[PDB]
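So, a structure with ceftazidime (bound form) in it.
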Amino acid sequence: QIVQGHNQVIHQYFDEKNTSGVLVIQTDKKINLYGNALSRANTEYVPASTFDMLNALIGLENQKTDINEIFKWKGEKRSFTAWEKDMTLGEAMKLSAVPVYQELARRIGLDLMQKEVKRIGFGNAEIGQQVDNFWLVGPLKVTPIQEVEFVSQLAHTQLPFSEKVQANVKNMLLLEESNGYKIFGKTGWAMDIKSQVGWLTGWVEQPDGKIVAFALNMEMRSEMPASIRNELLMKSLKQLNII
Ligand SMILES: *C(=O)[C@@H](NC(=O)/C(=N\OC(C)(C)C(=O)O)c1csc(N)n1)[C@@H]1NC(C(=O)O)=C(C[n+]2ccccc2)CS1
């Protein structure tokens, strides 16, 4: 099941970007590890925005929102300018608009959130006490192997949510498409005074329908482009002939 993969080459790629990281790939029930810091795969980190996928699933499942709802921008200056507008849950997914995902979390509220997170068994399922930021600062944590298992199940409509809800959240996640290969996923990035953890978790849907899921997890620095996660993921996917 969980093993290291054939690759001297991906190890290099990560050293060549001057980072410590791992790339977990899950096809059917086989999980391979690649990178220059494999032990990260079993290390817990905060999911940061990658949690937006689970938030949306819980929110939609319990009818706290719907895919047509327009979340209103009330006019205050926000941490990013691209967030400064009315938007749907789907458009928030793509922009990683935290304030939408915080409104939604509050609608959900703490008891349902923690019943649902324990029900799903996400990470260490620890939400503790603040409903509106537990995925960004802790206590909630998850490993890269757990994430890839989560997105694999989302990809395959195997999570314990309605089928329509799963399909609606999948449809929010399309990043890129070319040669008939689709790539779905979600970035994440948390700025803790310790290290900074960067995520990119999602999947490839190949032309014949086959799903190959991935969870990139690396140490970020403020000097890196945000681009670097996608660049390293796409190089590695090509090298493994997944795309
Ligand atoms: C989800 O993971 C969100 N992360 C954060 O809100 C945090 N930081 O975002 C960064 C990018 C580090 C920032 O400069 O503010 C964060 C760190 S500690 C804490 N409580 N919050 C969204 N993630 C990302 C991303 O993954 O890149 C965003 C997209 N983005 C980033 C940089 C430039 C353009 C777009 C928005 S926050």
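Residue numbering in chain A adheres to the PDB entry, whereby the residues present occupy positions 31-273 in order. The basis for the numbers below is simple: all heavy atoms, side chains too, and nothing from hydrogens, waters or symmetry mates. We count ligands from 1, going down the list as the structure has it; atoms in each ligand are counted the same way.
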Self-check item: Mapping of ceftazidime (bound form) to structure
Solution: ligand 1
Quiz item: For ceftazidime (bound form, ligand 1), which chain wins on contact count (greatest number of heavy-atom pairs under 4.5 Å), named per the PDB entry?
Solution: Beta-lactamase OXA-225
Quiz item: Measuring from the heavy atoms of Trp113, does anything fall under 4.0 Å of ceftazidime (bound form, ligand 1)?
Solution: yes
Quiz item: Which chain residue and atom does the model connect to ceftazidime (bound form, ligand 1) through a covalent bond?
Solution: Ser79 OG
Self-check item: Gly218: numbered ceftazidime (bound form, ligand 1) atoms lying under 4.0 Å from its heavy atoms
Solution: 2 (O), 26 (O)
Quiz item: Would you say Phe110 contacts ceftazidime (bound form, ligand 1), with heavy atoms under 4.0 Å as the rule?
Solution: yes
Practice problem: Check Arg259 against ceftazidime (bound form, ligand 1) and report side chain, backbone, both or neither, counting heavy atoms closer than 4.0 Å. | Solution: side chain
Practice problem: Would you mind listing which atoms of ceftazidime (bound form, ligand 1) come within a distance below 4.0 Å of any non-hydrogen atom of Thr217? | Solution: 25 (C), 26 (O)
Quiz item: If you count the atoms of ceftazidime (bound form, ligand 1) from 1 in the order shown, which ones are under 4.0 Å from a heavy atom of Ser79?
Solution: 1 (C), 2 (O), 3 (C), 4 (N), 22 (C), 23 (N)
Self-check item: Where ceftazidime (bound form, ligand 1) meets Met221 - atom numbers and elements under 4.0 angstrom, heavy-atom basis
Solution: 12 (C), 14 (O), 17 (C), 18 (S)
Quiz item: Would one find an N or O of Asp222, backbone or side chain, under 3.5 Å from an N or O of ceftazidime (bound form, ligand 1)?
Solution: no
Quiz item: Which organism is cited as the source of chain A in this PDB entry?
Solution: Acinetobacter baumannii
Quiz prompt | Test item, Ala220 contacting ceftazidime (bound form, ligand 1) (heavy atom, 4.0 angstrom) | solution = yes
Quiz item: Which residues lie close to ceftazidime (bound form, ligand 1), i.e. with a heavy atom under 4.0 Å?
Solution: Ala78, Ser79, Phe110, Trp113, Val128, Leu166, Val167, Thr217, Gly218, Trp219, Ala220, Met221, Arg259
